[PDB]
Amino acid sequence: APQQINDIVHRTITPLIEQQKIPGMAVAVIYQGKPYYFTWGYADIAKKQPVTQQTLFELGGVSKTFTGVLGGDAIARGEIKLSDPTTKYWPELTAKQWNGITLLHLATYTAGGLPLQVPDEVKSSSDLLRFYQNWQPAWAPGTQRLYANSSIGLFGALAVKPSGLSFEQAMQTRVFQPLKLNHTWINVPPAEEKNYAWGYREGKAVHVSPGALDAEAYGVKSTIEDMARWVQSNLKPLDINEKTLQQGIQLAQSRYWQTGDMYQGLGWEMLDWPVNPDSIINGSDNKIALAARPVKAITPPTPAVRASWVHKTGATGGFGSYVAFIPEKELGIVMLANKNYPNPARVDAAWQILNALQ
Ligand SMILES: CC(=O)OCC1=C(C(=O)O)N2C(=O)[C@@H](NC(=O)Cc3cccs3)[C@H]2SC1
Ligand SMILES: *CC1=C(C(=O)O)N[C@H]([C@H](NC(=O)Cc2cccs2)C(=O)O)SC1
């Protein structure tokens, strides 16, 4: 644990925890292929259980990076194509607005305004079909980006049907197991509950509630060790032995669309490095509930750029997560907290840390 890394991480995170009143936090810095872990506070305040390297945190939207890579793996296997129409995988979506919407649109939030959330009244696949059939796009496909669980969530659900596996089984067998993410879960087993941190919202202990397409959009729980391995796998996909997975990881970091200085991948989002911190820090901000932005197509998509700031923020009611890495510098960071705090503070801290290390 280089004193440099230790100091940079502690001088940045200690103040963060104090200002945001975060009960528990785990951080991992990946530098030149080696992970350095740091933990603070509590996983369960009432039971005085500390955060450890085995503590499970709710990833929120960081889960979309796993969905994007699993999709990328299915593409590499020849099971699906992003140019495929959505109806190929759900023929029952007969409403006229679905002609023209492809798996690429679903995966990149460009289908035309699918909503951020699937309504809580949706409790079955029949309800889900009704929801999508009744949805009225605001825009033509491929014209504007609107971040949405109902978009990438449907992509995840459709992408695995050719495999014959359920989304969870596909994720476990094609991504978690090959990468040795053995303490990463869509459903936390009873044996692992002792390590499942409580999230805190307004001082109350909370866990994410079950919902339609939750696994696909915001339902993964993981430890700081597994997340560091996830970041390393995305930093250096050539070291991965499973061919289609290696390719899938690379596909998720392709640049499909541009809005401002940001590029949309499958799950992952990217900016050219070096990046103005005010374009990424101020860039990530959920203080805004709906931010519709025109997108420019990258025709054809740019293959994964090593000189990139690749990242993803995530939140649930009681957790706040952030992952960012720079392939060209073999540098990455994971920050997991059991309080959902402002996105800009997460980005500012990660930038201060990675910038200091190169
Ligand atoms: C739309 C937007 O930019 O706002 C930030 C956001 C994020 C994020 O990237 O931090 N997302 C997540 O991490 C998801 N979170 C949830 O869906 C929260 C829950 C839905 C149901 C129970 S918790 C979405 S909720 C929306
Ligand atoms: C395409 C598609 C289908 C289908 O072709 O019938 N069904 C999916 C279904 N999902 C669920 O049963 C779980 C849900 C509960 C609430 C919302 S979905 C499945 O298991 O394949 S949905 C996509």
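In chain A, numbers come from the PDB entry; the residues present are 4-361, in order. Every heavy atom of this structure was used, including side-chain atoms; hydrogens, water molecules and symmetry mates were not. When a ligand or atom number is given, it counts from 1 through the structure's own listing order.
- Among all chains, the one with more heavy-atom contacts to ligand 1 than any other is, according to the PDB entry, Beta-lactamase.
- The drug observed at ligand 1 carries the PDB name cefalotin.
- Residues contacting cefalotin within 4.0 Å (heavy-atom distance) are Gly63, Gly64, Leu119, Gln120, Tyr150, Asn152, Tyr221, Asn289, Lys315, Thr316, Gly317, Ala318.
- Of the polar atoms of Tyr150, at least one N or O is found under 3.5 Å from an N or O of cefalotin, judged by distance alone.
- Note: an N/O pair closer than 3.5 Å links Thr316 and cefalotin by distance alone.
- Nearby ligands and ions (under 4.0 Å from cefalotin): none.
- Heavy-atom proximity to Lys315, at under 4.0 Å, picks out these atoms of cefalotin: 9 (O).
- Note: no N/O pair closer than 3.5 Å links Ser212 and cefalotin by distance alone.
- At least one N or O atom of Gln120 sits closer than 3.5 Å to an N or O atom of cefalotin.
- Checked against a 3.5 angstrom limit, the closest N/O atoms of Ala318 and cefalotin fall inside it.
- Below 3.5 Å of separation, one finds an N or O of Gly64 facing an N or O of cefalotin.
- Atoms of cefalotin lying under 4.0 Å from at least one heavy atom of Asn152, given by number and element, are 16 (C), 17 (O).
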